[PDB]
S.K.: 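Mind having a look at this structure? Questions to follow.
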There are 2 protein chains.
Amino acid sequence: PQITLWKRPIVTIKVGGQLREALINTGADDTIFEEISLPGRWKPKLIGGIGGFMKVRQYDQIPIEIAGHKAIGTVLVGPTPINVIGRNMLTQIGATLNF
Amino acid sequence: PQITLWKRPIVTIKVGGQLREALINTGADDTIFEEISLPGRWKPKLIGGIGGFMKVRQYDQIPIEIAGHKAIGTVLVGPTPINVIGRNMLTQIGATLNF
Ligand SMILES: CC(C)CN(C[C@@H](O)[C@H](Cc1ccccc1)NC(=O)O[C@H]1CO[C@H]2OCC[C@H]21)S(=O)(=O)c1ccc(N)cc1
Ligand SMILES: CC(C)CN(C[C@@H](O)[C@H](Cc1ccccc1)NC(=O)O[C@H]1CO[C@H]2OCC[C@H]21)S(=O)(=O)c1ccc(N)cc1
């Protein structure tokens with residue numbers, strides 16, 4: 001698809017056998033969801049650093065479907081106020097910015 | 001241009017008779033630069049809200065050139081750690097996300 005930016009670019013995601021809404025965020029290195037059960041072994045990760053750190057669970061090699069397109073990558077699970085699709089996943093779907 | 005997302009999408013901006021680097025950020029509603037002198041009347045604005053607020057100077061109707069393309073819009077000036085081009089400006093240049 002082609003997504004214009006007059007509204008926040010929030011899209012439907014398939015992840016962990018569930019559906020979630022998430023913000024497509026070119027400003028985010030990583031993809032993070034609030035609390036979802038995912039498969040495999042996780043490890044703790046501290047993220048952020050600008051004013052403090054948030055501890056999250058890092059799951060690698062998670063399949064997601066982002067508005068119809070399949071991606072595999074790292075998904076962080078933790079107490080984010082806003083689910084986010086970051087560049088790690090956007091590269092996998094071939095997302096570009098165009099003007 | 002077409003910008004891939006394997007690196008942070010940082011681009012050269014012309015603003016206030018100066019050059020700055022800024023992050024193209026689809027996750028940001030607004031455009032914010034660290035401290036730059038701009039023309040016109042500003043007003044204070046509190047931004048954020050997620051953990052606290054940052055007070056910034058809001059300048060309206062500021063021309064910028066974002067990798068070659070002219071945009072006019074609101075520019076916030078304040079103590080951001082990272083200069084950001086947000087959706088307010090991205091819509092003016094016709095920036096889209098495509099996959
Ligand atoms: C890490 C996520 C929970 C949230 N994100 C913001 C985060 O990257 C901020 C971005 C940031 C940049 C400049 C100034 C303030 C915040 N950086 C940061 O270090 O925040 C710290 C704040 O306390 C800790 O808890 C979260 C991470 C740690 S994000 O995915 O990029 C993001 C960015 C903007 C929006 N609207 C929604 C999500
Ligand atoms: C407002 C700017 C200074 C910074 N931005 C982050 C900001 O939107 C966070 C985004 C955010 C989202 C979820 C969790 C934490 C932070 N939201 C927020 O309310 O932050 C508050 C923190 O203290 C105050 O100072 C800054 C604004 C106030 S941002 O332009 O979207 C931005 C986002 C990510 C990066 N890497 C760089 C910039």
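Per chain, numbering begins at 1; letters A, B, ... match sequence-line order. What's counted below: heavy atoms across the whole structure, side chains too, no hydrogens, waters or symmetry copies. As the structure lists them, so they are numbered: ligands from 1, and atoms in each ligand from 1. The way this entry was determined, per its header, is X-ray crystallography, 1.7 Å.
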S.K.: Which one of ulipristal acetate, bedaquiline, nikkomycin Z, darunavir was assigned to ligand 1?
M.R.: darunavir
S.K.: For darunavir (ligand 1), which chain wins on contact count (greatest number of heavy-atom pairs under 4.5 Å), named per the PDB entry?
M.R.: Protease
S.K.: Heavy-atom contacts under 4.0 Å: which other chains make them with darunavir (ligand 1)?
M.R.: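 Going by heavy atoms, that would be A, B.
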S.K.: For atom 5 (N) of darunavir (ligand 1), is there a protein heavy atom at a distance under 4.0 Å?
M.R.: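 Given the 4.0 Å cut-off, atom 5 (N) of darunavir (ligand 1) does not count as touching protein heavy atoms.
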S.K.: Could you tell me whether atom 12 (C) of darunavir (ligand 1) has a protein heavy atom closer than 4.0 Å?
M.R.: yes
S.K.: Counting non-hydrogen protein atoms only, what is the nearest one to atom 26 (C) of darunavir (ligand 1)? Give residue, atom name and distance.
M.R.: A:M54 CB, 3.8 Å
S.K.: Do you know the source organism the PDB entry gives for chain A?
M.R.: Human immunodeficiency virus 1
S.K.: Closer than 4.0 Å to some heavy atom of A:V84 - which atoms of darunavir (ligand 1) meet that?
M.R.: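 With A:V84 as reference, the close atoms of darunavir (ligand 1) come out as 30 (O), 38 (C).
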S.K.: Please indicate, with yes or no, if any protein heavy atom is found under 4.0 Å from atom 9 (C) of darunavir (ligand 1)?
M.R.: no
S.K.: Return yes when at least one protein heavy atom is under 4.0 Å from atom 16 (C) of darunavir (ligand 1), and no when none is.
M.R.: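 No, because not a single protein heavy atom sits under 4.0 Å from atom 16 (C) of darunavir (ligand 1).
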S.K.: For darunavir (ligand 1), which atoms sit closer than 4.0 Å to a heavy atom of B:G27?
M.R.: 36 (N)
S.K.: Considering only protein heavy atoms, which is closest to atom 28 (C) of darunavir (ligand 1), and at what distance to one decimal place?
M.R.: A:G52 O, 3.3 Å
S.K.: Counting only non-hydrogen atoms of the protein, does one fall under 4.0 Å from atom 19 (O) of darunavir (ligand 1)?
M.R.: yes
S.K.: Of all the heavy atoms in A:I47, does at least one lie under 4.0 Å from an atom in darunavir (ligand 1)?
M.R.: yes
S.K.: Determine, considering heavy atoms only, which of A:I85, A:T80, B:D29 sits nearest to atom 2 (C) of darunavir (ligand 1).
M.R.: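 Among A:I85, A:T80, B:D29, the closest heavy atom to atom 2 (C) of darunavir (ligand 1) belongs to A:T80.
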S.K.: Among all protein heavy atoms in this structure, tell me which lies nearest to atom 32 (C) of darunavir (ligand 1), with the distance rounded to 0.1 Å.
M.R.: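 Going atom by atom, the protein heavy atom closest to atom 32 (C) of darunavir (ligand 1) ends up being A:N25 ND2, 3.5 Å.
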S.K.: Tell me which protein heavy atom sits closest to atom 37 (C) of darunavir (ligand 1), plus the residue, atom name and distance to 0.1 Å.
M.R.: A:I82 CD1, 3.9 Å
S.K.: Judging by distance only, is a nitrogen or oxygen of A:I50 under 3.5 angstrom from one on darunavir (ligand 1)?
M.R.: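 Yes: some nitrogen or oxygen of A:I50 is under 3.5 Å from one in darunavir (ligand 1).
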S.K.: In terms of atom number and element, which parts of darunavir (ligand 1) are under 4.0 angstrom from non-hydrogen atoms of A:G48?
M.R.: 18 (C), 19 (O), 27 (C), 28 (C)
S.K.: I need the residues around darunavir (ligand 1) for my notes - heavy atoms within 4.0 Å, please.
M.R.: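 By heavy-atom distance, that gives A:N25, A:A28, A:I47, A:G48, A:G49, A:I50, A:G52, A:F53, A:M54, A:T80, A:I82, A:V84, B:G27.
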